[PDB]
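To start, the structure under review is shown below, and the notes come after it.
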Amino acid sequence: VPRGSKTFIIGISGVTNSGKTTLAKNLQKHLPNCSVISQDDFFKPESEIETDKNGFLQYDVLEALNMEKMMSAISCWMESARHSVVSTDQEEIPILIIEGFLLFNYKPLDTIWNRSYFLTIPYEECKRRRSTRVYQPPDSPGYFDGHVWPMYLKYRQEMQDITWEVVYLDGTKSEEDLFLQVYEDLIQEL
Ligand SMILES: NC(=O)c1csc([C@@H]2O[C@H](CO)[C@@H](O)[C@H]2O)n1
Ligand SMILES: [Cl-]
């Protein structure tokens, strides 16, 4: 059976400010032939972002994201992955980590995940962390309570009846703690 077509695809989702990109990067440092795609690279331009009744910009929903372009990026990785291991005797399986706040309610990718991790942090600490970061445009006062958190709760309710298993993680753990936990799980799946 010809080699070169197999891949191992990891999803890392979770609430805003939970250390998803950092975890992706720490995993990539310790995994061979591993790439990372970030969902935050695929937001539509502000002119395509809608507002709600209260005039909050609707960023924390799939309609804010060019998910067709994200799929194209994934497909580009897959094509590269097929050429990433030179042919010889008889497998070294290329790894992709896809990380983002809103991955597990996107139905076209429901069968892509070979492993799925989901970073959780409770309301108060999440709110605190969110306030330490600067966004473009900057968070309006009341944005977290008015949009970010309600939309997270909607996502979590969208995930209550999902068709694959997700490993939920405590995002208040240190970066190294999270890395070791995930690595420990992942290396048994590879
Ligand atoms: N324009 C943007 O990229 C943007 C504006 S707000 C924002 C936040 O990004 C988070 C996901 O990483 C999500 O909670 C958005 O409110 N992104
Ligand atoms: Cl070859």
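The chain is numbered in sequence order, starting from 1. Structure method, as recorded: X-ray crystallography, 1.8 Å. Values reported hereafter were calculated over all heavy atoms of this structure, with side chains retained and with hydrogens, waters and symmetry mates removed. Whatever order the structure lists ligands and atoms in, that order sets their numbers, starting from 1.
Lab note: main contact partner of ligand 1 (name per the PDB entry) = Nicotinamide riboside kinase 1. The drug occupying ligand 1 is tiazofurin.
Residue contact check: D60 has heavy atoms under 4.0 Å from atoms 13 (C), 14 (O), 15 (C), 16 (O) of tiazofurin. The residue in chain A annotated by UniProt as active site that sits nearest to tiazofurin, with heavy-atom distance to 1 Å, is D40, 3 Å. At least one heavy atom of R130 sits closer than 4.0 Å to an atom of tiazofurin. Counting only non-hydrogen atoms, the residues of chain A annotated by UniProt as ATP-binding that lie closer than 4.0 Å to tiazofurin amount to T16, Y135.
According to the PDB, the organism given as the origin of chain A is Homo sapiens. Within 4.0 Å of tiazofurin, counting heavy atoms, one finds these UniProt Mg(2+)-binding residues of chain A: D40. Distances from atom 17 (N) of tiazofurin to the heavy atoms of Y143, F56, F43 show the closest one on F43.
Other-chain residues and nucleotides with a heavy atom under 4.0 Å from tiazofurin are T16, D40, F43, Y59, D60, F101, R130, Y135, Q136, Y143.
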